[PDB]
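Heads up, this one has tavaborole (bound form) in it.
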Amino acid sequence: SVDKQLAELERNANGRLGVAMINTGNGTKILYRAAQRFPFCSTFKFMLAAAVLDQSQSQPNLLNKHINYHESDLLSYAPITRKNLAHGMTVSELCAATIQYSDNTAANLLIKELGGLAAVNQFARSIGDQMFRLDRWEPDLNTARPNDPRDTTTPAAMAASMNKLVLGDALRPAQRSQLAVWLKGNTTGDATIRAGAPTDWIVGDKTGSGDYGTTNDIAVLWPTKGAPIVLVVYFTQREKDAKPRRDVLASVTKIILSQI
Ligand SMILES: *[B@@]1([O])O[C]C2=[C]C(F)=[C][C]=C21
Ligand SMILES: [Cl-]
């Protein structure tokens, strides 16, 4: 029933759908195609910020490091780093921007500070995530080509990680809080998981879009009654210039929340 509705939603939507849900209330999970790979797109920015937060556990001054980025770093999609070209940004603001606005330059800048793509992989491995895999820099990583494993995860791996990172004990508390906070101030989420959620709830989220109408969102939801819930929804379609299907994410959320 739980399964049948998603399968039916996915049939109807003409794409492939990946859900994982974790109610940290009891400890129960709703999984649909949870072990299949999907192109994460901008959703990895979450993992990237966690990595930065992990590294700042050693480096008291990391978050406050002033970064003076150049003209040549700027990309098509970078409202915030564009706005502050001239004054530079702190690593910490870089994190807010990457999360809350999905700024690509900020991300590239942060990967470089961590010391490259493989440092995001290694952070992913050290938290038990064995599926996360970053292969290219922005903007090349949102091609979402059919059965291309580059730059993918599984819904389950991303839920487990978001769970450990935001609600578990992956991080120390100040770093943990910072992560939730960035998430809470996200500005790209109104139309996806937020839209399928009681308007009284509080949602922190990271979205993703890309080719093949890849539409993704990864969220913590703070309910009125009870414990936080982890929700990961990934979706992809037939054609390369497919338009996003945010509605599908809204409807998935609506389904999952009835069950609870
Ligand atoms: B991403 O997946 O989040 C939004 C976005 C914009 C863009 F231009 C490239 C990649 C992403
Ligand atoms: Cl805390």
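Chain A is numbered as in the PDB entry; shown residues: 9-268, in order. Order of listing sets the numbers, starting from 1, for every ligand and every atom in it.
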I need every copy of tavaborole (bound form) for my figure - which ligands or chains are they? ligand 1
Name the macromolecule with the most heavy-atom contacts to tavaborole (bound form) in this structure, as the PDB entry names it. Beta-lactamase
Return the nearest UniProt active-site residue in chain A to tavaborole (bound form) plus the heavy-atom distance rounded to 1 Å. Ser50, 1 Å
Name the option, out of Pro47, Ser50, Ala115, that contains the heavy atom nearest to atom 3 (O) of tavaborole (bound form). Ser50
Does the N or O separation between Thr51 and tavaborole (bound form) drop below 3.5 Å for any pair? no
When only distance counts, is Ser110 in polar contact with tavaborole (bound form), meaning an N/O pair under 3.5 Å? yes
Please compare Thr196, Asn112, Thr106 and report which has the shortest non-hydrogen distance to atom 9 (C) of tavaborole (bound form). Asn112
Out of curiosity, is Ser217 lining tavaborole (bound form), as in a heavy atom under 4.0 Å away? yes
Please list, in number order, the atoms of tavaborole (bound form) under 4.0 Å from a heavy atom of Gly216. 2 (O)
Atom indices of tavaborole (bound form), in the order listed, that fall short of 4.0 Å to a heavy atom of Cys49: 2 (O)
What residue-atom pair is the covalent partner of tavaborole (bound form) as deposited? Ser50 OG
Using a heavy-atom cut-off of 4.0 Å, which residues UniProt lists as binding substrate in chain A are that close to tavaborole (bound form)? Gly216
Write out the binding site of tavaborole (bound form) as chain and residue number, heavy atoms closer than 4.0 Å. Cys49, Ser50, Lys53, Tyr85, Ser110, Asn112, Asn150, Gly216, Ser217
Less than 3.5 Å apart, N/O on tavaborole (bound form) and N/O on the protein: could you list those pairs with the distances?
residue	atom	partner	partner atom	Å
tavaborole (bound form)	2 (O)	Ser50	N	2.7
tavaborole (bound form)	2 (O)	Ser50	OG	1.9
tavaborole (bound form)	2 (O)	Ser217	N	3.1
tavaborole (bound form)	2 (O)	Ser217	O	3.0
tavaborole (bound form)	3 (O)	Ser50	OG	2.1
tavaborole (bound form)	3 (O)	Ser110	OG	2.6

